[PDB]
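Check out this one - crenolanib stuck to Calcium/calmodulin-dependent protein kinase kinase 2.
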Amino acid sequence: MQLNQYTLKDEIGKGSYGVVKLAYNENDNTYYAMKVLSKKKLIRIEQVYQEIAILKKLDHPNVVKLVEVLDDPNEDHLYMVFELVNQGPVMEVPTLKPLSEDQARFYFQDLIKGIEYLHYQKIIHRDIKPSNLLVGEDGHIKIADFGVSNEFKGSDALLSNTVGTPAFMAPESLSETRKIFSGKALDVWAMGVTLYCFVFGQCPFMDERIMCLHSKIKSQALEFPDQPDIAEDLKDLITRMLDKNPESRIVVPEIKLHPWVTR
Ligand SMILES: CC1(COc2ccc3c(c2)ncn3-c2ccc3cccc(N4CCC(N)CC4)c3n2)COC1
């Protein structure tokens, strides 16, 4: 499959919308990641162009760079070319091979930087999870998939829609009654779920039945698996990130000063 200078190869991810394919670029003799979208499949335009707008203003070592967009109005397919991050996702969940505490800290430091940057740029990511965190050749993670991200005006996003990955959704986004909830806190909750996954290899709240998953997220006290044992300070940080109450939940400026993070 040829598309200008790019030859499209195998699928390397799904994501919130469309698919991601490896692409060889004949002009500079290296590889890219190409997100491929069907206009007809998205109908059943503007949300895509808002994602492009977001991506265009972003430039940080812990966020995946958009290189260009190929958008022929006579074709159904829209192509978004990104930098390729060689090693791919930090982990698949579940896994029996979780990260050590030291590896988790290292990636979690990158995650903090990335998220701090996004929030500064007035973007709520909305889909933070291990499979969206790509390990670069330098060993550092980069945040990917802005498919469900929101841009806001003023100091925080005021949100009412429920999107993202169900196991990573904050309890305040799961009410039966339409509610309004703050966006920065949602990303903190998902960072917490992610950190739990990093060290345990499974999510904190799990069920095959979507309604029971929601029920657990809202009403089941957080439990730690029997293995591996983790340090008291990491338990503390995870507990404060997974605070069901978005008002008392730890904020990113506090996370950066947490003893687990800074030791
Ligand atoms: C083939 C291997 C390499 O994997 C990969 C995967 C995605 C890779 C990658 C290397 N460099 C970049 N990206 C991207 C780029 C843009 C994306 C825009 C939207 C969504 C994506 N993703 C992120 C990962 C998720 N699991 C699926 C959706 C995106 N990914 C796996 O080990 C080698």
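This chain uses plain numbering: 1 for the first residue, then up along the sequence. Basis for what follows: all heavy atoms, side chains included, without hydrogens, waters or symmetry-related copies. Start at 1 and go down the list; that is how both ligands and their atoms are numbered. Structure determined by X-ray crystallography, 2.0 Å.
Each of the atoms 32 (O) of crenolanib (ligand 1) lies under 4.0 Å from some heavy atom of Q87. Checking UniProt active-site residues of chain A against crenolanib (ligand 1), the nearest one by heavy atoms (to 1 Å) is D127, 8 Å.
For atom 3 (C) of crenolanib (ligand 1), the candidate residues are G88, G18, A33; the nearest heavy-atom contact is made by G88.
For crenolanib (ligand 1) and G15, the ligand atoms under 4.0 Å from any heavy atom of the residue are 28 (C). Considering each of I12, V85, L134, the one bringing a non-hydrogen atom nearest atom 13 (N) of crenolanib (ligand 1) is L134. Each of the atoms 11 (N), 12 (C) of crenolanib (ligand 1) lies under 4.0 Å from some heavy atom of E83. Nearest to atom 33 (C) of crenolanib (ligand 1) by heavy atom, out of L84, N86, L133, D127, is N86. Between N132 and crenolanib (ligand 1), not a single N/O pair is under 3.5 Å apart. Considering both main-chain and side-chain atoms, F146 never comes within under 3.5 Å of crenolanib (ligand 1) through any nitrogen or oxygen pair. In chain A, most residues contacting crenolanib (ligand 1) belong to UniProt domain Protein kinase. Short contacts between crenolanib (ligand 1) and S131, defined as distances under 4.0 Å to a heavy atom of the residue, involve ligand atoms 24 (C), 25 (C), 26 (N). The shell of residues around crenolanib (ligand 1) (heavy atoms under 4.0 Å) is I12, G13, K14, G15, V20, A33, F82, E83, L84, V85, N86, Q87, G88, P89, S131, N132, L134, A144, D145.
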